[PDB]
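Note sheet for the following structure.
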Amino acid sequence: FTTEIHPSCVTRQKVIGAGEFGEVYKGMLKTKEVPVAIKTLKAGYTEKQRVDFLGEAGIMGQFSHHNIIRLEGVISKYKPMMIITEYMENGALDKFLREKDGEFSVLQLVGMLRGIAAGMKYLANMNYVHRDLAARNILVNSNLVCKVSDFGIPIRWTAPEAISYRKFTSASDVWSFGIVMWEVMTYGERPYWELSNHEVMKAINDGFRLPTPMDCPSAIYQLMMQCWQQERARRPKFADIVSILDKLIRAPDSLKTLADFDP
Ligand SMILES: COc1cc(Nc2ncc3c(n2)-c2ccc(Cl)cc2C(c2c(F)cccc2OC)=NC3)ccc1C(=O)O
């Protein structure tokens, strides 16, 4: 099932974006009132668009994890149709970190990566391949919890066997996670900067990998490199990534850089 919500229990308060299917709002939901994100289906939709739009909520409704965006419910009996999710105060991860450049501890950044990895582990253990994992598709709440969203072709986030041979697996999601680690540790820099998609694919085949971010711990960058192994069977699983990041968090000197020992 999917909880069906009566439109009188929703208040749209502010437009916060333009989605694939229509406008997206911040609002409130009566259940004590809770802040929500509200995706609407624009009037004048094709049957395919209506099916696609409501399919997102079908997938999302199958999952319940602290690092996966919560579906509160849908409005499908009234118009416009709406998908109601938990509101995430700090928005998209890549934009959040760019606005906060240099303002987090390395422990805090690794903790965000730990949450993302835990959400992805849950997805993989439910045999869900995401295929579109990127910092723009992760949301951050006011307590800095990061949650995967976007349940429904960007070359530089995709594993080469998925580009060349359309082999999308949890292992290719792991490649994407590596790129996400690099987005996080650079505070939202664009992967491969403005190299062309062709130059990106060419460099990866020749063995180029993204370079170490400034002040990135050695174990974190080497974990990225392991996620970017050309042969997908040599990549860590998400269960391994979660276990590795927990060890680093528990030995936090492993995360320190020079400024932690000087000005
Ligand atoms: C977009 O900007 C924000 C969104 C915020 N919150 C928020 N919370 C939930 C959602 C969204 N946005 C949002 C806003 C606009 C758009 Cl177009 C989409 C969404 C999404 C969303 C996403 F960010 C990525 C992928 C899929 C999404 O919907 C499923 N999911 C729901 C908060 C702050 C900001 C900000 O920049 O200050």
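Quick note: numbers on chain A are straight from the PDB entry, i.e. 604-634, 639-759, 779-889, in order. Only heavy atoms go into these numbers, but all of them, side chains included; no hydrogens, no water, no symmetry mates. One-based numbering, in listed order, for ligands and for the atoms of each.
In this structure, the main binding partner of ligand 1, as named in UniProt, is Ephrin type-A receptor 2. Given alisertib, lapatinib, ticagrelor, anamorelin, nilotinib, the compound at ligand 1 is identified as alisertib. Binding site of alisertib at 4.0 Å, heavy atoms: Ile619, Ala621, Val627, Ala644, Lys646, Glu663, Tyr694, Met695, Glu696, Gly698, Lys702, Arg743, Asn744, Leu746, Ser756, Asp757.
Listed by number with element, the atoms of alisertib under 4.0 angstrom from any heavy atom of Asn744 are 25 (C). Of all protein heavy atoms, the one closest to atom 35 (C) of alisertib is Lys702 NZ, 4.0 Å. Which parts of alisertib touch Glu696 is read off a 4.0 Å heavy-atom cut-off, strictly below it: atoms 32 (C), 33 (C). The nearest UniProt-listed active-site residue of chain A with respect to alisertib, heavy-atom distance given to 1 Å, is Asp739, 7 Å. In this entry, the organism cited as the source of chain A is Homo sapiens. The UniProt domain of chain A holding most residues in contact with alisertib is Protein kinase. Summary of contacts: the protein heavy atom closest to atom 24 (C) of alisertib is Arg743 O, 3.8 Å.
Measured by non-hydrogen atoms, the distance from alisertib falls under 4.0 Å for these UniProt ATP-binding residues of chain A: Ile619, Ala621, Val627, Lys646.
Nearest protein heavy-atom contact of atom 32 (C) of alisertib is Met695 O, 3.2 Å. Closest protein heavy atom to atom 20 (C) of alisertib: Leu746 CD1, 4.3 Å. Atoms of alisertib found under 4.0 Å from any heavy atom of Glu663, numbered from 1 in the order shown, are 29 (C). When hydrogens are left out, the protein atom nearest atom 9 (C) of alisertib is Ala644 CB, 3.4 Å; that is the closest non-hydrogen contact.
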Which pairs of N or O atoms, one from alisertib and one from the protein, are separated by less than 3.5 Å, and what is the distance for each pair?
from, atom 1, to, atom 2, distance (Å)
alisertib, 6 (N), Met695, O, 2.9
alisertib, 8 (N), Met695, N, 3.3
alisertib, 28 (O), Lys646, NZ, 3.3
alisertib, 36 (O), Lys702, NZ, 3.0

